[PDB]
Amino acid sequence: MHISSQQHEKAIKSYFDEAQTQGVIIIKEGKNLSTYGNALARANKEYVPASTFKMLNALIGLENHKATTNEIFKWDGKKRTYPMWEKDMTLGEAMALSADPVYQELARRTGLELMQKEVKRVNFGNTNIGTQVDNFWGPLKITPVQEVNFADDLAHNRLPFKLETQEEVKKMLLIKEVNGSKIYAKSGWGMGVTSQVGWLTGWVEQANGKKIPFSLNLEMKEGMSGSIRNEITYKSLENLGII
Ligand SMILES: *C(=O)[C@@H](NC(=O)/C(=N/OC(C)(C)C(=O)O)c1csc(N)n1)[C@H](C)NS(=O)(=O)O
């Protein structure tokens, strides 16, 4: 890689242009944030976290003894938006499937009051979870910079939760293994006032133990497959030589 920064920026901008979306992908190396993509001003704008919030819901539920990691959440038998959710599952399984009913149940066990306190204590986003404990991941919003930093915190065990709570949640987030590098992350897709947001927020753990946090953020459009979030992310990390 004698590749110019101009060429990196152009290549990653083109992965967003080809998907016909507007988005950004923030990469963090040590303390330095780099911003890539075809809509850089997204970096400090606020969007609903949607399902990226499952990472924090899990940390809170575990820290506070609302569940354990091997506990099986039974499917209640009612029809689900997706068949894959019609099954009994652990928090970790529900993370990978982004299964809402499980994370909703966990949120209800935690309850609105404790969820409020705990979201303030962690200072996640704008920190407002409103009056509904299972529908809030509006008015809670967060920026892509704030997401990559949250990812940075979790990857290095700096959030204010016990170490073992943080390691337990990190084990849930492994979504890919590419050439001795592991990718931990959580996806999101939220409907906002007039637009949809897509997220993929996590970190690359390299063979040598180095951790590189990232947050992809983009506009989802009718018709898009969700796996475009992953594909843009993996191409970008690869172009940068990070995986
Ligand atoms: C998690 O992000 C989850 N997203 C949602 O359930 C929300 N969805 O809105 C969609 C896009 C499905 C819709 O058209 O209604 C949501 C939660 S809070 C908010 N403002 N919107 C998805 C399905 N899981 S994921 O892994 O695909 O991201």
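The residue numbers of chain A are those assigned by the PDB entry, with the residues present covering 31-167, 170-275 sequentially. For ligands, and for the atoms within them, numbers begin at 1 and follow the listed sequence. Side-chain atoms are counted along with the backbone in the values below, which use heavy atoms only and exclude waters and symmetry mates.
- Going by contact count, the macromolecule most engaged with ligand 1 is what the PDB entry calls Class D beta-lactamase OXA-160.
- Sitting at ligand 1 is the drug aztreonam (open form).
- Of the polar atoms of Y112, none of the N or O atoms is found under 3.5 Å from an N or O of aztreonam (open form, ligand 1), judged by distance alone.
- When heavy-atom distances to aztreonam (open form, ligand 1) are checked against a 4.0 Å cut-off, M252 has no atom that comes that close, whether in backbone or side chain.
- Heavy atoms of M125 found under 4.0 angstrom from aztreonam (open form, ligand 1): none, in either backbone or side chain.
- Of all the heavy atoms of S128, the ones lying under 4.0 Å from any atom of aztreonam (open form, ligand 1) belong exclusively to the side chain.
- Close approach to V78 involves these atoms of aztreonam (open form, ligand 1), each under 4.0 Å from a residue heavy atom: 20 (N).
- Near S81, meaning under 4.0 Å from any of its heavy atoms, are these atoms of aztreonam (open form, ligand 1): 1 (C), 2 (O), 3 (C), 4 (N), 22 (C), 24 (N), 28 (O).
- Within aztreonam (open form, ligand 1), counting atoms from 1 as listed, the ones closer than 4.0 Å to a heavy atom of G220 are 2 (O), 28 (O).
- Here a covalent bond ties aztreonam (open form, ligand 1) to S81 OG.
- Near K218, the atoms of aztreonam (open form, ligand 1) lying under 4.0 angstrom from a non-hydrogen atom of the residue are 26 (O).
- Backbone and side-chain nitrogen or oxygen atoms of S219 are examined, and one is located within less than 3.5 angstrom of a nitrogen or oxygen of aztreonam (open form, ligand 1).
- Considering only non-hydrogen atoms, atom 17 (C) of aztreonam (open form, ligand 1) lies nearest to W167 out of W231, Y77, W167.
- Binding site of aztreonam (open form, ligand 1) at 4.0 Å, heavy atoms: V78, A80, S81, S128, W167, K218, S219, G220, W221, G222, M223, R261.
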